[PDB]
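In the model that follows, one finds digitoxin.
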Amino acid sequence: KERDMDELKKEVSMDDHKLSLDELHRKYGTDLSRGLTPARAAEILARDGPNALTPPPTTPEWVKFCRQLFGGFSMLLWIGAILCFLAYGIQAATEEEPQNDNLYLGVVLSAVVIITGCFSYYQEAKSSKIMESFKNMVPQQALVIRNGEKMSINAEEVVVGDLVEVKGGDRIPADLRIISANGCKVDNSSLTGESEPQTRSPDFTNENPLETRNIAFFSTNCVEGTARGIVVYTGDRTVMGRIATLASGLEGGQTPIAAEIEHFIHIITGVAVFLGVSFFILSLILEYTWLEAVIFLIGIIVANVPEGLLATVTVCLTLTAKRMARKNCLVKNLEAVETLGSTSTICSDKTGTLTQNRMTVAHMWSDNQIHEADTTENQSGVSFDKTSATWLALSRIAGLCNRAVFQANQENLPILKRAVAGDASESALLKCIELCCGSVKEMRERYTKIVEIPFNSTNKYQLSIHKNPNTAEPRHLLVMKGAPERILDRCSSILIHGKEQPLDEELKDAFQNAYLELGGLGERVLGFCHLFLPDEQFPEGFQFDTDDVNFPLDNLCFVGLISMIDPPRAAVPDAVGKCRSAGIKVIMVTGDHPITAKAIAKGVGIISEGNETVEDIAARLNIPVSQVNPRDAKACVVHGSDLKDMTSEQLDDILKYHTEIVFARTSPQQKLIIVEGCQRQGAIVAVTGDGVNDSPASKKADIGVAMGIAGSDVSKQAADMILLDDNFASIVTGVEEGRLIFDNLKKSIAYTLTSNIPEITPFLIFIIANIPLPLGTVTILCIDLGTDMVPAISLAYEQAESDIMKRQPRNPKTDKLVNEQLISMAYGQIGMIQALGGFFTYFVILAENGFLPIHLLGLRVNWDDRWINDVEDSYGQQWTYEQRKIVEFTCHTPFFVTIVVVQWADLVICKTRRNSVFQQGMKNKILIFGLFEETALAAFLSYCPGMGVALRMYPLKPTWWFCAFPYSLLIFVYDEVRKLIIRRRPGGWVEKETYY
Amino acid sequence: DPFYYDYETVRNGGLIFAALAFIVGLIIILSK
Amino acid sequence: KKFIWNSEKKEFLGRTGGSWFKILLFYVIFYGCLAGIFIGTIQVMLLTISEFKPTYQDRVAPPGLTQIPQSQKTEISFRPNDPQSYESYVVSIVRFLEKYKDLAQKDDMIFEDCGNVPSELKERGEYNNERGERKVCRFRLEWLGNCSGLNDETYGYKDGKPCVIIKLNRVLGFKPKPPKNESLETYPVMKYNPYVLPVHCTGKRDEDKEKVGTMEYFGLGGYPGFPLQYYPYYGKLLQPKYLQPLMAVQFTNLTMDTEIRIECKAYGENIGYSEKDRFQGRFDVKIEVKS
Ligand SMILES: C[C@H]1O[C@@H](O[C@H]2[C@@H](O)C[C@H](O[C@H]3[C@@H](O)C[C@H](O[C@H]4CC[C@@]5(C)[C@H](CC[C@@H]6[C@@H]5CC[C@]5(C)[C@@H](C7=CC(=O)OC7)CC[C@]65O)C4)O[C@@H]3C)O[C@@H]2C)C[C@H](O)[C@@H]1O
Ligand SMILES: *[C@@H]1O[C@H](CO)[C@@H](O[C@@H]2O[C@H](CO)[C@@H](O)[C@H](O)[C@H]2NC(C)=O)[C@H](O)[C@H]1NC(C)=O
Ligand SMILES: *[C@@H]1O[C@H](CO)[C@@H](O[C@@H]2O[C@H](CO)[C@@H](O)[C@H](O)[C@H]2NC(C)=O)[C@H](O)[C@H]1NC(C)=O
Ligand SMILES: CC(C)CCC[C@@H](C)[C@H]1CC[C@H]2[C@@H]3CC=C4C[C@@H](O)CC[C@]4(C)[C@H]3CC[C@]12C
Ligand SMILES: CC(C)CCC[C@@H](C)[C@H]1CC[C@H]2[C@@H]3CC=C4C[C@@H](O)CC[C@]4(C)[C@H]3CC[C@]12C
Ligand SMILES: *[C@@H]1O[C@H](CO)[C@@H](O)[C@H](O)[C@H]1NC(C)=O
Ligand SMILES: [Mg+2]
Ligand SMILES: [Mg+2]
Ligand code: NA
């Protein structure tokens, strides 16, 4: 019945917050100013569980070890091993003196799967280990009022229905129902996604508990002020608790790379069973009984299984993952590194992921001119002109009249990431003055504050009077700040380049239009003014006791406006542009206000400059929005209030007809709905988030991208990729590597798939022509698991033949990893030439030793026999058993060498899919060593003292090393001219049939 | 006799070549 | 998604008709060129070898020593009474010696009477074709006494005390060199050390050597070996219907109903041995005349 549980969790949350104080206290049975008695608290403590989310489901290490021994590729090698032991049992019990080939091969295949499992498991475990070193869970205590007394206890020791007080800086313990607040502003950024610090009022405001102000939430931190509240939800029942539990209980899906592996195996086994079955029937038609035919069937089918391709593909993915870890782009999954390259739609989170999630001074209005300060996360943008007296006055008003200061350890920290105490706005102002105005320490103590006036609840304004230490005027300096609509009512003078002017409407109206520019831009504006008090009417000894009119509220001198907003990260704009260049649909998904989300989207690249929304067209035409046609607007903003009242078809239409979509005010569950809707299109979706709301979206997506520091722990665990550096450009690096390794994998696969033809064809003609075995099993193992390992791995180091960040995302149903073109090239043409070269070397060796190639027909009947020591060759000679068998093994060895020789040119041609060998060039040093090591290793396997005794690999006469050279040259020439025609004729014959 | 092949010299040369090409490849991946 | 068989827009098994024809034609021409290339190179390879001599002859350095009853495991198990028990042996013996009858060697243009006494080697010029088809020295069945007879179509052989002739592996240009007169303990043999390749049989351990009581050898003129007048061999092309020397070995005093091992080792300087090939130089047999 877990289906019903997950379904009841996918629904949006509900509440009873909208209740009178008497009704809430009667429902919960709790005093309003004293809470409850401690015995009652302990009774609820041992009633439902401590206030802490139940730990995640522990994953034992033996479970995931066995997991890495299975899947799809490893499963194929497993059935191969099982078939080896099956054929071995049939050969053991049925015939005299059976051979131990199938048994050697069975144990070897089993070992391959086990070793690959150990390697892959060690990699995934390494990533999980460095991830465990990131849990910096600091036990935080809550301030609870019980029995009429305040006490700080463990957050787990908190229960339902009791008074809880929170101070500005304290994290909200559990979900509270605000009962009495005083200037309280909480941060709901990690949960609902609201950027600016949302205030919390005890009075019920919105039907939606997320938008209301009388509710404190789990994992939300009180920015400023103090507040009181009764605990309504506790533990997992909390909002973020149900969110985390939902994220853990969601499906992960099938990665595109794994699906491609499945398709590859389908074709491999398809042709394997076709050849095995048709040859089984052929063998029974010839003369072989059911026994021998079954053995041949298993041999042919298992031979068509790339034994070494598992490890090579795994190591390829591991190498790319290594590069991901070097750039602090960790992947918890070994194959999630590829998912970026297959992505075609990125559902990004705004606050925290796209933006820096921090209020920062954006623009200023000085001398009737707008000045854009540097808003990057590391200070690398343009700086304004800081040389005018207007800027000095404005910066002094900001640095002096503000309730923001640094702390004790804020020394060796940058001006941005350092900690500030007080309001978020005041923190932004303090950082801007500490950055573009020198420092604020000596700047604030130089003007000793006499009397201050903090911000008022109504008719907002913040002012203060300071002493002026200038060596020209001893008059007092009065400063004030506030909302522009509040400062325009308390001003008459205007500052311009140093001198004052009246409040002339010719420039005052310009001030209003500039205010509308900054406000309509999704920013919060604040006006700053100051005035010199007449020292003749207020001497240097008079104290301006704050009770009556001692400061001229009007006739002040306004200097300029100072706006602020959460800016996007540094490489975020460029990165977004890159993703749109690669052909990826960037969709913003957030629960923030639309007025800010639209501006941020225009600022990052999700909304192009020129495109208009469905509302923008009507606004431009001064007509109702119901008149315009949605097809005329390429972009659209979707409000969460309207998203709840939607069907699947409507969302499908929204996505299909609108290229730039901005989902705003979306609940966490609705974020999951957005991701599922994008997945219904059949495309690959990637979700980049940070808050707890992005946990289900990152879990259900094909790949979740979380921030290493600015992201909540829940969404960081439910994601598949972590950015320890929080650099969004890593997404771009990701989509580059995914496609890169994908294409390289194609190459690396084709290579190993090419050697299968010369590995099986000797046995096939051994069955047809009844000639001695041209290629033994041990030599085949020396090829698949010996020499070709380094060339196949070096093929993963291949670079981009063209700009991959220019092409569109691969289509899932069209661009498959392994298609008929790849098989037509490897199994059809190249592997064929390699097989012919092997047979050439075979016939050459046998004919030169006295067995003419024509004389070998039907000779296996007397060859495989161990007692016929007088087999007549072509020159009338009588060959004993071990003599001709020595020739057969000294024929298997150069056959293997021949395979290496053709693999030289095969590696070179597979290195370049479309470009030429001369275009790409042998710059891949790892590949060069692949050829050198492969060649030297083959030579060692043939000439080491005792190879013919241990591996039955007898030494070779030097002429055999040249028996395959023309075949390799021909392979290289044919594939080179093929690529040449692919270049000159990018039409269809040489491109749609061979280019794989 | 023409029925005797100096397999020892060929094997020796094969081993020398197998060592030279391998160490040269090691120098290849080490561009310094 | 696996019913891509056909459609009204022309597709068969996955692709159209015109595409199937284009691909089939390309593969036919491609594979035709590949086959022609393999055939041309294999022809060049055929032109690099001669017709009168194999290029490499080192893999047959130590000559073998085979027998007439090509047993399944070099074992001779039969019944001295049941004629069908030893039919598989006699059949192969008669088929082997069918080319040694006096009627088979009747043409004087291809056969040459070597002699009743083993003489020196007979070198008939070089291995080229400048000379005509060389002559082959005759070897009548009468040389193998007590194991040839003048029987009918079926060679009535020995039921009790069987016969097992040995044969030296025919090798082109091989000149047998018997051991020097300084024989390093070669198991009593005749003093005809210079013109015959000796072959001596024995048991294998203290048990087999005791069970096998007496052995009688038969050869050209009565010598246990191969005469040098029949060597060297000049290939099947220049010497067709060639008859290599034969030498019979009979085990008179055997312990019936007991499997005993016999090792017939051929001695000589140009005769090597091998611990891996029990047939190179030496020869093994497991006789068991169960009554
Ligand atoms: C009754 C009658 O019996 C008479 O004896 C006969 C009779 O029993 C029939 C008997 O046939 C055997 C023999 O040909 C050997 C033959 O090996 C082939 C299949 C079995 C082996 C083990 C082998 C090496 C190669 C090996 C296959 C088994 C399959 C392989 C592992 C396969 C691979 C799979 C892979 O993944 O990589 C390669 C390709 C080929 C392969 O490498 C090749 O398997 C056959 C089943 O031969 C005997 C000599 C005597 C007398 O006449 C008497 O009266
Ligand atoms: C071949 O077999 C015959 C038997 O058919 C052997 O002839 C016997 O020889 C012994 C001496 O060894 C005589 O005492 C017997 O009288 C002979 N019997 C007959 C019927 O002739 C003959 O010895 C055998 N030949 C060899 C070389 O062993
Ligand atoms: C042939 O072998 C037999 C043994 O099968 C020999 O005769 C035996 O001699 C021992 C004494 O050494 C006696 O104890 C046995 O009773 C004898 N058995 C038979 C059946 O006679 C015989 O001497 C051997 N003959 C030759 C010529 O080697
Ligand atoms: C039967 C076969 C071997 C003959 C085919 C001719 C081949 C071997 C010749 C024909 C044209 C030649 C190429 C012509 C073009 C290029 C680009 C140039 O900037 C460097 C030389 C290079 C890389 C040549 C290499 C050898 C080449 C491919
Ligand atoms: C196409 C070219 C550039 C590749 C360069 C590698 C070629 C030239 C090398 C690689 C392996 C080499 C062979 C290595 C082993 C043997 C055995 C040795 O005792 C004699 C030399 C001989 C017969 C070599 C001949 C040259 C050879 C084929
Ligand atoms: C070998 O030596 C013996 C005497 O020891 C002698 O009778 C015989 O003729 C010699 N044979 C040869 C070929 O020298
Ligand atoms: Mg293979
Ligand atoms: Mg966020
Ligand atoms: Na996932």
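Letters A, B, ... label the chains, following the sequence lines from first to last. The residues of chain A that appear here are 21-1016 by the PDB entry count, in order. Using the PDB entry numbers, chain B covers 17-48, in order. Heads up, chain C uses the PDB entry numbers, so what you see runs 13-303. We count ligands from 1, going down the list as the structure has it; atoms in each ligand are counted the same way. Method reported for this entry: X-ray crystallography, 3.7 Å.
- Mapped onto the model, all copies of digitoxin cover ligand 1.
- Counting heavy-atom pairs under 4.5 Å, the chain with the most contacts to digitoxin (ligand 1) is listed in UniProt as Sodium/potassium-transporting ATPase subunit alpha-1.
- Contact chains for digitoxin (ligand 1) (heavy atom under 4.0 Å, other chains only): A, C.
- Following UniProt from the N terminus, chain A has transmembrane segments with a non-hydrogen atom under 4.0 Å from digitoxin (ligand 1) at positions 2, 4, 5, 6.
- The entry refers to chain C by the name Sodium/potassium-transporting ATPase subunit beta-1.
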